[PDB]
Student: 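Below is a structure containing nirmatrelvir (bound form). Please help me interpret it.
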Number of protein chains: 2
Amino acid sequence: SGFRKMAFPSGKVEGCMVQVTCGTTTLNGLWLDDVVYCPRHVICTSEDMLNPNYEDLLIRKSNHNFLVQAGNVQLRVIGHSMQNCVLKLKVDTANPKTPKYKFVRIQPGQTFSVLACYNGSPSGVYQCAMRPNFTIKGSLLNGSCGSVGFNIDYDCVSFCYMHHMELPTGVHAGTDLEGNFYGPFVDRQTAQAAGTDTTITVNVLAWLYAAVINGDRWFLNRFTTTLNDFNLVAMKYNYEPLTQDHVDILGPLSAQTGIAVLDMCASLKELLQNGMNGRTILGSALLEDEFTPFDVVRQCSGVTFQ
Amino acid sequence: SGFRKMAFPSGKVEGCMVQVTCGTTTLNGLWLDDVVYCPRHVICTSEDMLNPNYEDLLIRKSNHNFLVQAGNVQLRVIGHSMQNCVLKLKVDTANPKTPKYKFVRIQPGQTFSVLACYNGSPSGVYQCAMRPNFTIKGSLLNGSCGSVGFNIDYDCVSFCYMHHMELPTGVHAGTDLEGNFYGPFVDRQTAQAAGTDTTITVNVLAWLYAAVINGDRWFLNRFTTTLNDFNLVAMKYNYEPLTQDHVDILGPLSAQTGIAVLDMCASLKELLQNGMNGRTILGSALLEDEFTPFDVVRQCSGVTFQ
Ligand SMILES: *C(=N)[C@H](C[C@@H]1CCNC1=O)NC(=O)[C@@H]1[C@@H]2[C@H](CN1C(=O)[C@@H](NC(=O)C(F)(F)F)C(C)(C)C)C2(C)C
Ligand SMILES: *C(=N)[C@H](C[C@@H]1CCNC1=O)NC(=O)[C@@H]1[C@@H]2[C@H](CN1C(=O)[C@@H](NC(=O)C(F)(F)F)C(C)(C)C)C2(C)C
C-alpha cells in the first residue's frame, strides 16, 4: 500500500552520461553506442547565447575542439553534426553500457523521469510530466543542460527529453532527442514565456483511482454524468478536455476498482466545485495531475524492469 | 531553479539486488561482496508468520535450501547465519558490482531513497524520511521485503534501511542492515500499530529555506522569537522540538539566504497559527517536513555522485 511520486530506476541512464566541453562551456552529454548527444549551445560563449548563429558557430569547430569525458577517460571525437537544437558527436569508442534504447517524442500529460546531472555526473532522479503548455516543472540548475528524461519498458530505455533552458516562473523547456523543442521555444537567451498552463484531467482521474486502490474513498459520491456535463465544468476550471480515448485508457483502472470512469468524473466534478474542504487525498491537499494511468498501474501492481 | 522531492540515483544499489527463495517464499536480497542480506521471514511459510520461532525454523534449513538468483545466474550458497531480523547468506561469488558501502542506522527526521524491488528487480526509487514514530511513508507491496533504503556520499552507498512489513494506515517498518528494527516492532503478523506521528520541525524550516532560495517569500514576516516562544507553540501543534544542534545545522542555509534561523522560526510560528490561507509554498498546499537541511543544500547547489 501507499502512493509516492516514483522515479524510474536510473542505472541504465547513468551509464550513458558524459561531460562535453567546448572552450569555456561545459554541459552533459548522452553517450549511446558511438555517438554523444548534447545541446548545441555548448558551442556558444556566454555572449553568443544572446543571439547565436549556430551554423556559423559550428563551421569554426573541428573534432578536436570537443572534449568528451566519460569518468576518467577522454573519448576521441571523430565526427560532428548538428540536428536541429542538438549536437551529435561521433567517437571512436562504443559505450559498452549502452542499453537497448529508442528515441520518442511524448505527448502533453505524459510523464517521465529526469536524471539531473552536472559535469556528466548524476545528482538525482525525479518524476516529471510534459505540461500542456510544453514545459516541465523541474529542479534544474546551471550546468544541467544535457540531462535527459526517459521511460523504461522492460529492458528498454525510451529517451524523450533533453534539457536546454529555464523559463520565467522557474519552469523548464527542452527538446526530444532529435533536437526538436517541445513547444514554441528556441535555444536563445531572449525574453520568452510559457503559455498559461492547464490541469491534465485524465491524470487527475488516474490519481483518484490510485486513491481508491489505497483506501482513500471519501470523495466518492453517488452520481454519474455525461462526458459533456463534466467537460463543460472542466473548461471553466481550466482543466484539459477528457476524450473517449482517455476513457478507453482509464479502462483497466475502472475495471480494477469497480468505478465507472463517468462516476469518477462525477466525483471530480463535485470536488472542483465544492473544494476539498481541508481534507487530503493520498496525503496531498491538492488535486494531483502528474500520474498517468499507466504510472498508477505500474506503481500499484509492482511492475519491474530488467 | 525549482524544487522537487529528489531521489538518489539508484544504479549502484540496482547492481546489488537479487532474489532469494526459500521453499514457497520469495523476496529481495542485497548482494554485497560475497554475502546476501535479506529479511529472515523468507524462511517462513504463510502460517509460520503468525507466530514464528525463527531460530527453530532456521535449524531445519541447510545451504542448498536457499535459491539466490542474480539475473539469470544462481549463486551457490555456502553459509548462512541469522543476525537479529536479517538473514545473511554467504555465496561463493563476490558481487563484482559491489560499490564502496557502509551500514548505518539513521535518526528520526533523516531522509533516504528507497529502491522498491520485486523478485530481485527494481520497480522505482523515491525519497523517504524516517518518521519520528519510526515508520516510513512508503509505497510498497507484497514481495517488496528486502528492498533497502540508502544515501550516497560521493562514491559511497550508506545502507540504512531494509524493508520488512506494512502497518495499519499503510505505513512501513523495517530494520537497519544489522537486522535491528527501527521502533518497537517485531517481524510477526500480529496486531501492531505505530505511535502517533509528529512533524519534523528542522525539516520544515529547511524546506522554508529552499522556498526562499527559489523565490517563494510571501510567508516571511518581520518578527523574531526565542527558541522557547517557538517550541512552546510547536508542542501544541504536534511539532518536534527544535534544538540548538538543529540551529547549528541550519546555519549554512541561514548564511546563504540572509535569514537568521530564529526569524524563520518566527515566520513558521505565524504560519502554523494563521494557516496558509489557501496559498502554496513551492507549489505545495501543506508544510513539508521530509527534506533535511543537507537535502536542500544538495538539491539547490547541484551536488553529484561518482
Ligand atoms: C544549461 N546548462 C542551462 C540550464 C538553465 C540554467 C539555470 N536553470 C536552467 O535550467 N541552460 C541555459 O542557461 C539556457 C541557454 C541560454 C540561456 N538559458 C536559460 O535557460 C536562460 N533562460 C532564457 O533565456 C529564457 F527566458 F529564454 F528562457 C536563463 C535566463 C539563464 C534561465 C540558452 C542557449 C537558451
Ligand atoms: C514483504 N515482502 C512484505 C511486505 C508487505 C506486504 C504488503 N505491504 C508490505 O509492505 N512483508 C509482510 O508481509 C510482513 C511479514 C509478515 C506479515 N507482514 C505484514 O506486513 C503484515 N503486517 C502486520 O502483520 C502488522 F500489522 F504487524 F504490521 C500485513 C498484514 C501482511 C501487511 C511478517 C513476517 C511480519
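Going down the sequence lines, the chains are called A, B, C, and so on. Chain A is numbered as in the PDB entry; the shown residues are, in order, 1-306. Residues displayed in chain B correspond, in order, to the PDB entry positions 1-306. Counting starts at 1 for both ligands and their atoms, following the listed order. Just the heavy atoms: all of them, side chains too, but no hydrogens, waters or symmetry mates, feed the values below.
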Student: I keep wondering which chain grabs nirmatrelvir (bound form, ligand 2) the most here. What name does UniProt give it?
Tutor: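 The largest contact count goes to 3C-like proteinase nsp5.
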Student: Name the other chains in heavy-atom contact with nirmatrelvir (bound form, ligand 2) below 4.0 Å.
Tutor: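 Other chains, by heavy atom: B.
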Student: Give the residue, atom name and distance (to 0.1 Å) of the protein heavy atom nearest atom 2 (N) of nirmatrelvir (bound form, ligand 2).
Tutor: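 Protein heavy atom with the smallest distance to atom 2 (N) of nirmatrelvir (bound form, ligand 2): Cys145(B) SG, 2.7 Å.
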Student: Quick one: which of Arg40(B), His163(B), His164(B), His41(B) has a heavy atom closest to atom 14 (C) of nirmatrelvir (bound form, ligand 2)?
Tutor: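 Selected option, by shortest heavy-atom distance: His164(B).
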Student: Determine, using UniProt annotations, which domain of chain B has most residues touching nirmatrelvir (bound form, ligand 2).
Tutor: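 The answer is the UniProt domain Peptidase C30.
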Student: Go through nirmatrelvir (bound form, ligand 2) atom by atom and flag the ones less than 4.0 Å from a non-hydrogen atom of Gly143(B).
Tutor: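 Counting from 1, the qualifying ligand atoms are 2 (N).
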Student: Out of curiosity, what organism is attached to chain B in the PDB?
Tutor: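 Source per PDB: Severe acute respiratory syndrome coronavirus 2.
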Student: Could you check whether any other ligands or ions come closer than 4.0 Å to nirmatrelvir (bound form, ligand 2)?
Tutor: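 Result: none.
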Student: Under 4.0 Å from nirmatrelvir (bound form, ligand 2), counting heavy atoms only, is it the side chain of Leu167(B), its backbone, both or neither?
Tutor: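 Under 4.0 Å from nirmatrelvir (bound form, ligand 2), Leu167(B) contributes backbone and side-chain atoms.
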Student: Closest non-hydrogen protein atom to atom 31 (C) of nirmatrelvir (bound form, ligand 2), residue and atom name please, with distance?
Tutor: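 The protein heavy atom lying closest is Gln189(B) OE1, 4.4 Å.
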Student: Considering non-hydrogen atoms of the protein only, which is the closest contact for atom 26 (F) of nirmatrelvir (bound form, ligand 2), and what is the distance?
Tutor: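 Ranking protein heavy atoms by distance from atom 26 (F) of nirmatrelvir (bound form, ligand 2), first comes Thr190(B) O, 3.9 Å.
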Student: Report the member of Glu166(B), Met165(B), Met49(B) with the shortest heavy-atom distance to atom 29 (C) of nirmatrelvir (bound form, ligand 2).
Tutor: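 Among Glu166(B), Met165(B), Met49(B), the closest heavy atom to atom 29 (C) of nirmatrelvir (bound form, ligand 2) belongs to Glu166(B).
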Student: Could you identify the single nearest non-hydrogen protein atom to atom 13 (O) of nirmatrelvir (bound form, ligand 2) and state the distance to 0.1 Å?
Tutor: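 Answer, as residue, atom name and distance: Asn142(B) OD1, 4.6 Å.
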Student: Please report whether nirmatrelvir (bound form, ligand 2) has a polar contact with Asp187(B), defined as an N or O pair separated by less than 3.5 Å (distance criterion only).
Tutor: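 In this structure, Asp187(B) places no N or O atom under 3.5 Å from an N or O of nirmatrelvir (bound form, ligand 2).
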Student: Would you find the UniProt active-site residue of chain B that's nearest to nirmatrelvir (bound form, ligand 2) and tell me the heavy-atom distance to 1 Å?
Tutor: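 Going by UniProt active-site residues and heavy atoms, it's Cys145(B), 2 Å.
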Student: Going by distance only, is there an N or O of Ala191(B) that falls short of 3.5 Å from an N or O of nirmatrelvir (bound form, ligand 2)?
Tutor: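 Between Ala191(B) and nirmatrelvir (bound form, ligand 2) (N or O atoms, distance only) the closest approach is not under 3.5 Å.
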Student: What residue and atom sit at the other end of any covalent bond from nirmatrelvir (bound form, ligand 2)?
Tutor: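 The covalent link runs to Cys145(B) SG.
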Student: Select one of side chain, backbone, both or neither to describe which atoms of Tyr54(B) lie under 4.0 Å from any atom of nirmatrelvir (bound form, ligand 2), heavy atoms only.
Tutor: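 For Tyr54(B), only side-chain atoms sit under 4.0 Å from nirmatrelvir (bound form, ligand 2).
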Student: Using heavy atoms and a threshold below 4.0 Å, how should the contact between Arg188(B) and nirmatrelvir (bound form, ligand 2) be classified: side chain, backbone, both, or neither?
Tutor: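 It is the backbone that touches nirmatrelvir (bound form, ligand 2); the side chain stays farther off.
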Student: What residues sit within 4.0 Å of nirmatrelvir (bound form, ligand 2), counting only heavy atoms?
Tutor: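 Heavy-atom contacts: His41(B), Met49(B), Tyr54(B), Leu140(B), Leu141(B), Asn142(B), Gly143(B), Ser144(B), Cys145(B), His163(B), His164(B), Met165(B), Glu166(B), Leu167(B), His172(B), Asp187(B), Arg188(B), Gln189(B), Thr190(B), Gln192(B).
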